[PDB]
**Q** 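Consider the structure of Tetracycline repressor protein class D with tigecycline bound.
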Amino acid sequence: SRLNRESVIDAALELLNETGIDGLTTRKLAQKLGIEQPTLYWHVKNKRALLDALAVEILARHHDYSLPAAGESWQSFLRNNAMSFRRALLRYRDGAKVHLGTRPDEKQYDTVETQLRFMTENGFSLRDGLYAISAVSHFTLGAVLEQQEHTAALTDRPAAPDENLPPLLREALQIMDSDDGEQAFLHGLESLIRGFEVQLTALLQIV
Amino acid sequence: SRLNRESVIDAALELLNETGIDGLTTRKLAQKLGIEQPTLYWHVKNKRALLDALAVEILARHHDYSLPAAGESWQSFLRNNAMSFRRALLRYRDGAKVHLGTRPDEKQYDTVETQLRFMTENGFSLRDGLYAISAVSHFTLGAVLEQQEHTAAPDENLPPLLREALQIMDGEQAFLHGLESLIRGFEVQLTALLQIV
Ligand SMILES: C[NH+](C)c1cc(NC(=O)CNC(C)(C)C)c(O)c2c1C[C@H]1C[C@H]3[C@H]([NH+](C)C)C(O)=C(C(N)=O)C(=O)[C@@]3(O)C(O)=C1C2=O
Ligand SMILES: [Cl-]
Ligand SMILES: [Cl-]
Ligand SMILES: [Cl-]
Ligand SMILES: [Cl-]
Ligand SMILES: [Cl-]
Ligand SMILES: [Cl-]
Ligand SMILES: [Cl-]
Ligand SMILES: [Cl-]
Ligand SMILES: [Mg+2]
């Protein structure tokens, strides 16, 4: 089949949904594209290069709330940015593990620069704007990684000692399972953003 | 060598520091222990069983602030608990990737039950206590993974605000700042009760 950049990525994302990150191999990708491995090699050197391209392409295609809307509050921006980030990472199997394995490229540095300019124009110190951006990223990535690695584990581990659970824990585990963690995520997000606001709002006052 | 639980985990943690999570295999573990693969299999069925056990044992050995002190505020407990969790995850190479996706083990049940009892005895609903505990976990995991990996915000080419931000600064600062933000947000939510907030 065609081996333009776009088609190679389309097949690689299809393979990633089939195999997950550990099972994705250039051999399987060649077979899916109907080509020999040395043909694929001309197009993409190794699994590392493929995963780096997939991470960038997952965000470029599906993380579309990178930049604040005209006159958007910093609160609303961080919220929409986090939801778009989570949604992009959840779109492919082990998508967060794909994102984790890559260094930010020139385009990701430009995006953080725009975000940091925005935060500082909204009254954040440089340090505090970057800590807010990093905290939202760390929280969102951890939430998604815990959700996808729980699903990956479900292959080799059944569910564990039911009979044994103490009662708050048992009820808690039932609540988190009702919705695969969207509620936990959205609640935690509001907490994080409000915390940033209380800190910013103090200015130089002890808080 | 000895193949009790403790010695298999010691060897596996030594291997993990050598190879990282992707490179840790039952075959390389058998080699490290000086045994044949079918000998190891009797003790350890597969990599998932090994990783699950390492997640538990890393906290048992290195997570020292599982429980609130007598009379400690919930804020202080979440802060001390998160620092201790971060410290345990950083103790071994790819420690946060070893933790990812695990669930509380039966040997952690009493500990996690005490955490939830404590939050609810401090005024959190079960849901709100649980979301605080989950958000602290997920944030700490994110922060450590981005530190063990190198995943977030060439020197000539950095854009200028980012470059100045990096110049006026190993993850701990951003982590501790984010932790205080999360704790304050929990407190605003708890204090609001039924008020529009
Ligand atoms: C909130 N409780 C009910 C809970 C639930 C899950 N897992 C899930 O909800 C699984 N959710 C799916 C199945 C993806 C829908 C959880 O996965 C967890 C926890 C508890 C935490 C407690 C963490 C705690 N610290 C960091 C806040 C802690 O100190 C310990 C400890 N001393 O052993 C933990 O075990 C903890 O770090 C931890 O790992 C938890 C969970 O994994
Ligand atoms: Cl072609
Ligand atoms: Cl193309
Ligand atoms: Cl390869
Ligand atoms: Cl972003
Ligand atoms: Cl033995
Ligand atoms: Cl033992
Ligand atoms: Cl295995
Ligand atoms: Cl300079
Ligand atoms: Mg856990």
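Below, chain A is the first sequence line, B the second, and so on; all start at residue 1. Recorded method is X-ray crystallography, 2.0 Å. Note that ligands are numbered from 1 as they come in the structure, with each ligand's atoms numbered from 1 the same way.
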**Q** Locate tigecycline in the structure and include all copies.
**A**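 Including duplicates, the model places it at ligand 1.
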**Q** Other chains near tigecycline with a heavy-atom separation under 4.0 Å: which ones?
**A** A, B
**Q** Go through tigecycline atom by atom and flag the ones less than 4.0 Å from a non-hydrogen atom of B/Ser137.
**A**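 Taking each heavy atom of B/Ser137 in turn, tigecycline has 21 (C), 23 (C), 26 (C), 27 (C) under 4.0 Å.
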**Q** With backbone taken as N, CA, C and O and side chain as the heavy atoms from C-beta onward, which portion of B/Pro104 lies under 4.0 Å from tigecycline: side chain, backbone, both, or neither?
**A**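 Answer for B/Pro104: side chain.
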**Q** Would you check the N or O atoms of A/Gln147, main chain and side chain alike, for any that come under 3.5 Å of an N or O of tigecycline?
**A**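 The answer is no, given that A/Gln147 and tigecycline share no N or O pair closer than 3.5 Å.
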**Q** Please state which protein non-hydrogen atom is closest to atom 28 (C) of tigecycline and give its distance, to 0.1 Å?
**A** B/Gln115 NE2, 3.4 Å
**Q** Can you list the tigecycline atoms lying under 4.0 Å from a non-hydrogen atom of B/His99?
**A** 39 (O)
**Q** Of the side chain and backbone of A/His150, name the one, both, or neither that has a heavy atom under 4.0 Å from an atom of tigecycline.
**A**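 The answer is the side chain of A/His150.
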**Q** So between B/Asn81, B/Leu141, A/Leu173, whose heavy atom ends up nearest atom 5 (C) of tigecycline?
**A**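 Comparing heavy atoms across B/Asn81, B/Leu141, A/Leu173, the nearest one to atom 5 (C) of tigecycline lies in A/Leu173.
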**Q** Give the atom numbers and elements of tigecycline that come within less than 4.0 Å of a heavy atom of A/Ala172.
**A** 3 (C)
**Q** Which one holds for A/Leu169 and tigecycline: side chain close, backbone close, both close, or neither close, with close meaning a heavy atom under 4.0 Å?
**A**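 Near tigecycline, A/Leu169 shows its side chain, while the N, CA, C and O stay back.
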**Q** Does some non-hydrogen atom of the protein lie less than 4.0 angstrom from atom 3 (C) of tigecycline?
**A**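 It does: a protein heavy atom is found less than 4.0 Å away from atom 3 (C) of tigecycline.
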**Q** Go through tigecycline atom by atom and flag the ones less than 4.0 Å from a non-hydrogen atom of B/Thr102.
**A**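 Those of tigecycline that fall under 4.0 Å from B/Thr102 are 17 (O), 42 (O).
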**Q** Look at atom 33 (O) of tigecycline and say which protein heavy atom is nearest, naming residue and atom and giving the distance to 0.1 Å.
**A**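 Scanning the protein heavy atoms, the shortest distance from atom 33 (O) of tigecycline goes to B/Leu59 CD1, 3.9 Å.
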**Q** Consider every N or O of B/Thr111 and every N or O of tigecycline, then say whether any pair is closer than 3.5 Å.
**A** no
**Q** Using a plain distance cutoff, I'd like to know if A/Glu146 has any nitrogen or oxygen under 3.5 Å from a nitrogen or oxygen of tigecycline.
**A** no
**Q** Under 4.0 Å from a heavy atom of A/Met176: which atoms of tigecycline are those, numbered in the order shown and with their elements?
**A** 9 (O), 15 (C)
**Q** Identify all N/O pairs between tigecycline and the protein with a separation under 3.5 Å and present them as a table of atom names and distances.
**A**
from	atom 1	to	atom 2	distance (Å)
tigecycline	17 (O)	B/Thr102	O	3.4
tigecycline	25 (N)	B/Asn81	OD1	2.8
tigecycline	29 (O)	B/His63	NE2	2.9
tigecycline	29 (O)	B/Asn81	OD1	3.4
tigecycline	29 (O)	B/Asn81	ND2	3.0
tigecycline	29 (O)	B/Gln115	NE2	3.0
tigecycline	32 (N)	B/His63	NE2	3.1
tigecycline	32 (N)	B/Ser66	OG	2.7
tigecycline	39 (O)	B/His99	NE2	3.1

